[PDB]
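Data first, discussion second: the structure below is written as structure tokens.
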Amino acid sequence: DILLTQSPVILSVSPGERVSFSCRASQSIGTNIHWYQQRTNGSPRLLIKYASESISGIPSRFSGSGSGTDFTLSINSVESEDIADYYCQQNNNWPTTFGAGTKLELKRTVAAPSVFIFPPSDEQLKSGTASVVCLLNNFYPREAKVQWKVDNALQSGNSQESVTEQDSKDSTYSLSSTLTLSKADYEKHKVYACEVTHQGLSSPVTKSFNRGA
Amino acid sequence: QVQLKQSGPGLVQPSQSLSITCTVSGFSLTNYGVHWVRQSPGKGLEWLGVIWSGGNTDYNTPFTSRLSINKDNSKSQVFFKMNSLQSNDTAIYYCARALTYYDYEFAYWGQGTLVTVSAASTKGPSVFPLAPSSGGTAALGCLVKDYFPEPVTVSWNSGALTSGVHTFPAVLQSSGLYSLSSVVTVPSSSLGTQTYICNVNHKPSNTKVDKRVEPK
Amino acid sequence: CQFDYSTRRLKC
Ligand SMILES: *[C@@H]1O[C@H](CO)[C@@H](O)[C@H](O)[C@H]1NC(C)=O
């Protein structure tokens, strides 16, 4: 099988810059390469066929070139909606094979998160479990720390984080941190607090509530 | 309007078989071949096979023995079946159509079918409100907890509310069950006027839940 | 990087 090597592994650029994806084939394949874009939760989207030929409905800023073993996909001016993974495909040689992909990330100005804290609903407490949720909304860059404290006791190992992919409009991230306790432990304490550290904040920001109100 | 719609996601036991239906529209199966591609953590995008216009099939070498593709032209359906699934066969499976009847330039894709190979049981989720308690902007959401397998879809107000919606990736809990939250920011002055409902669908368990989220 | 079937994105 033909081995397609895509470089680099991750591409980080700023809006408006030109950007080039590379696809190198293990042997000459002429111009029999196709490019695909995959957005978050999407199916692959055909961008370029046969190294350079255009595809109906694809913005003109996408273009391709190359022949033999070295191929290039270009975006002459990347937009925030181009945030995606990009794959090449060869079909000069059965069976058709795909490269491993290049992830395109977009830089932008630092944006501090907006922090919200959610107590567990009375409905969940009937099931004997308490989920406390801390939301960090629309921030950049991705790195962030969430520190949980229950009655000033530092929580460790009993929380989980989930981070969205870069937003297609403003290029920010959002983060959820879920602290999971048992109902018995939750009813034994009053002050629940998440402290958020981020580059866009001059000081750590703490959102807290008292069980009850 | 060429479209490919696949059957829903589901759980398959180890060593059991997988079945997926691809219903096409905007073209006839007698004029175009339908390809099958999967996308896994182990091997990324992987071409599996194809059933051509006349009914012939080609299978990629490592699937010659456990792959089978059929179709019904009149009903515009293509049937994908793979035997002896193992854990690393967990992937998203697509049907695809090329630009021409003979080529491999995949211009049209199905929406994908997440197939999970696991011995576990299917379990529908519980949905709990993230009730709003800064700067006129209130945040609220839904906690979709304790389901298996992936995926679950969340919309807001039956698709009418999309602005400011974040649906976080599912995370695996120690129980072997998934959990996620879906949030949205709204004007706080609309909490007493507008209703906010998250529409949760866990197709693997046929669980459909609408959760109204209110200030507590 | 590795494909993540939850988000259909490469996770590195
Ligand atoms: C699954 O495991 C088998 C056994 O080694 C291997 O041959 C195959 O390539 C694997 N498939 C993946 C990782 O998608």
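In what follows, chains are A, B, ... by sequence order, proteins preceding strands, each numbered from 1. Technique stated in the header: X-ray crystallography, 2.5 Å.
- The compound at chains A and B is the drug or drug candidate cetuximab.
- Residue contact with chain A (cetuximab), scored on non-hydrogen atoms closer than 4.5 Å, involves the side chain of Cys12(C) exclusively.
- For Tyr5(C), no part lies under 4.5 angstrom from a heavy atom of chain A (cetuximab).
- With a 4.5 angstrom heavy-atom cutoff, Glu165(A) touches chain C only via side-chain atoms.
- The contact between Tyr87(A) and chain C is made entirely by side chain atoms (from C-beta outward), counting heavy-atom distances below 4.5 Å.
- At a cut-off of 4.5 Å, the chain of cetuximab with the most heavy-atom pairs with chain C is chain A.
- For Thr164(A), no part lies near chain C; criterion is any non-hydrogen pair under 4.5 Å.
- The binding-site residues for cetuximab (non-hydrogen atoms, 4.5 Å) are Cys1(C), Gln2(C), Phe3(C), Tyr5(C), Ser6(C), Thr7(C), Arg8(C), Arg9(C), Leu10(C), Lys11(C), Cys12(C).
- The PDB entry assigns chain B the name Cetuximab Fab heavy chain.
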